[PDB]
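The chains referred to below are lettered A, B, ... by the order of the sequence lines, with proteins before strands, and numbering in each begins at 1. Note that ligands are numbered from 1 as they come in the structure, with each ligand's atoms numbered from 1 the same way. Below, all heavy atoms of this structure are taken into account, side chains as well, without hydrogens, waters or symmetry copies.
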2 protein chains.
Amino acid sequence: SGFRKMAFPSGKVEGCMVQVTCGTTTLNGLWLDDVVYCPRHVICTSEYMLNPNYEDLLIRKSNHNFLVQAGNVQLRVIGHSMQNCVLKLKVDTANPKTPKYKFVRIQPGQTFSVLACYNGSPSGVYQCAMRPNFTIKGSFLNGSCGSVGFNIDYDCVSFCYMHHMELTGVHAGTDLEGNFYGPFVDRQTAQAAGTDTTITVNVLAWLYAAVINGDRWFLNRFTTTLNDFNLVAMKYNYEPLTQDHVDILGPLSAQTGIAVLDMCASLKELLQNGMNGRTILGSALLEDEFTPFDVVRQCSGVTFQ
Amino acid sequence: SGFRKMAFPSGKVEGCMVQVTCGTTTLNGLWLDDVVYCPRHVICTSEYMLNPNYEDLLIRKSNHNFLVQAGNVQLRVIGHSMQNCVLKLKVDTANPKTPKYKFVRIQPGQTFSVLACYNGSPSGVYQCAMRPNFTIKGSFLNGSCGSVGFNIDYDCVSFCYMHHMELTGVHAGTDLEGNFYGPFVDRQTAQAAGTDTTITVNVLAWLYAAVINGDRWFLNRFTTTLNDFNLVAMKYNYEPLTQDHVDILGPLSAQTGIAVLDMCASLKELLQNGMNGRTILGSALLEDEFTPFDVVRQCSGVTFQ
Ligand SMILES: *C(=N)[C@H](C[C@@H]1CCNC1=O)NC(=O)[C@@H]1[C@@H]2[C@H](CN1C(=O)[C@@H](NC(=O)C(F)(F)F)C(C)(C)C)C2(C)C
Ligand SMILES: *C(=N)[C@H](C[C@@H]1CCNC1=O)NC(=O)[C@@H]1[C@@H]2[C@H](CN1C(=O)[C@@H](NC(=O)C(F)(F)F)C(C)(C)C)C2(C)C
């Protein structure tokens, strides 16, 4: 028993991190087979940090302008190209530590692990959710660009995020094909994140985790309808709940014998009256960065290798 | 910027996890050079799960009773011995993935990462603190025994924890020499954790992290004395603050220009009046599982390789 913000083991990804230097800019890259992936703004110098034309900047470079290091070994760049906002650097050596992988684009509300890196070197791992406004609430310092987000399925690493920029306290990036999450661009403009909402299906999953772990004080006997719940969710900046979400919560409903709509009636009460000085799983706020699948995984015990 | 419960990258430890089966009991072991370390209660069968004599149980075993698997490869046991509460299994092959390591015993209030494993297979990584009552608030299911806790110093893995048992919602274990943290034994008796307290130096470190990240609302102009603070800390089940703690907080005081005793005056107010519906770094409770060193590491950017 117990419940923790749990990240995926990072070993399979640590073996792919490299350092990429171009000019006076150093950041992180992802080395899979004979391609190094990294943010394209590594080719930016401070004259262009505000309104760059990346096609122009790339044509003025040659392979020898790119310093790529895997620890201490140097990798020789034999070709470069741009795919949207990422740079793909072809190198002379296929990474022997390349895991089975795929590139997936995730949806708001889904969670992943982040391997924060500096100078090609892994620094720490943490779990986070893609927010409904397409930012993540990460922890990133200067030089963290190119750090990646990932999930693990059995033996397969799904890469879903590469870090590009911080926007007033929160973080924005692309999928691994170089397409940004959200309406952001990789230059200095007046862009801000839009209004964030609370991920309702995740809050419900977390309440089920609490019941599984013995926190029952917030339950009640009343139920409610999808439409009467969503009426109250809207007033509190909670995402509306769909039939798809109810079905997703099925396994947790089955394991605890509490109906989804029953649990929604508890959530309704918590939103109207607050916690009144009680905590749930050691939190005094309603937590929305665990998916139904995170809860099953942690309250059932799925491993990977 | 940002602040997350961040764990160490786990790659160096994932390579040491093996599965150990004896009888119908399977759990995890740690394979370093040609020794596999695992909890000694793997030699327990349900007749002895309550009052075992481990010396007797061990003498009735031979090397062939121990099934050790590193993924799919089998390791041949060529010797066994007991050190306090751990079993040391000598095997015929030195682990080629053995990192530079040491065995350290940590103190209450210190943090470490836990690699939760099942059947020798890594499942997830999370960060936690050793509580003042010598338990940890972990997340562990059946079969997690032998999972280890660790820190990383530059290139060196310090192993500090091996998981043995759950006691009413919290978790207890040994250092890697087999000596239990706290007054617990590896059998079924009527043992419970003692009263827990809040780790004050860690709360102060977390308040400095908040200031570094722009949360300033709780500051005030008043200061206080060590003895007047500790007078109020006692009433709230907070650990007393020493001059050693003040010195440890020096770097954070320097970086924010707020004196430790100044920050204590803010903590004093928060304890007497509560948060009054405000949050700090996304929490509505005072967080005590970040050390001063965790905060520096995350708000300065130290890596490892
Ligand atoms: C990559 N190495 C850094 C890491 C950033 C900064 C601290 N934490 C992070 O996540 N990223 C950058 O330097 C990117 C890069 C130019 C500027 N930039 C920023 O992150 C800046 N933000 C913005 O561009 C803004 F404000 F418009 F959102 C900064 C002010 C330094 C936070 C480019 C090409 C966007
Ligand atoms: C190791 N594989 C498990 C993992 C435990 C149980 C679920 N979460 C964990 O951390 N550990 C055990 O099976 C140990 C082992 C016998 C019983 N035990 C327990 O954890 C039990 N607790 C106690 O002994 C108690 F209550 F006294 F504290 C259990 C009731 C199953 C939680 C031995 C040798 C202590």
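At ligand 1, the PDB records name the drug as nirmatrelvir (bound form). In this complex, the main macromolecule engaging nirmatrelvir (bound form, ligand 1), as named in the PDB entry, is 3C-like proteinase nsp5.
Counting only non-hydrogen atoms, chains lying under 4.0 Å from nirmatrelvir (bound form, ligand 1): A. Heavy atoms under 4.0 Å from nirmatrelvir (bound form, ligand 1) belong to A/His41, A/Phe140, A/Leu141, A/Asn142, A/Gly143, A/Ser144, A/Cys145, A/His163, A/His164, A/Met165, A/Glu166, A/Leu167, A/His171, A/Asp186, A/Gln188, A/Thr189.
Here is the list of nirmatrelvir (bound form, ligand 1) atoms found below 4.0 Å of a heavy atom in A/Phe140: 8 (N), 10 (O). Those atoms of nirmatrelvir (bound form, ligand 1) that come under 4.0 Å of a heavy atom in A/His164, given as number and element, are 11 (N), 12 (C), 14 (C). Atom 16 (C) of nirmatrelvir (bound form, ligand 1) has its closest protein heavy atom at A/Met49 CG, 5.0 Å. From nirmatrelvir (bound form, ligand 1), the nearest residue that UniProt flags as active site in chain A, along with the heavy-atom distance to 1 Å, is A/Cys145, 2 Å.
In this structure the covalent anchor for nirmatrelvir (bound form, ligand 1) is A/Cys145 SG. Heavy-atom proximity to A/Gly143, at under 4.0 Å, picks out these atoms of nirmatrelvir (bound form, ligand 1): 2 (N). Checked by distance only, nirmatrelvir (bound form, ligand 1) and A/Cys145 come closer than 3.5 Å through their nitrogen or oxygen atoms. Grouped by UniProt domain, residues of chain A touching nirmatrelvir (bound form, ligand 1) are mostly found in Peptidase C30.
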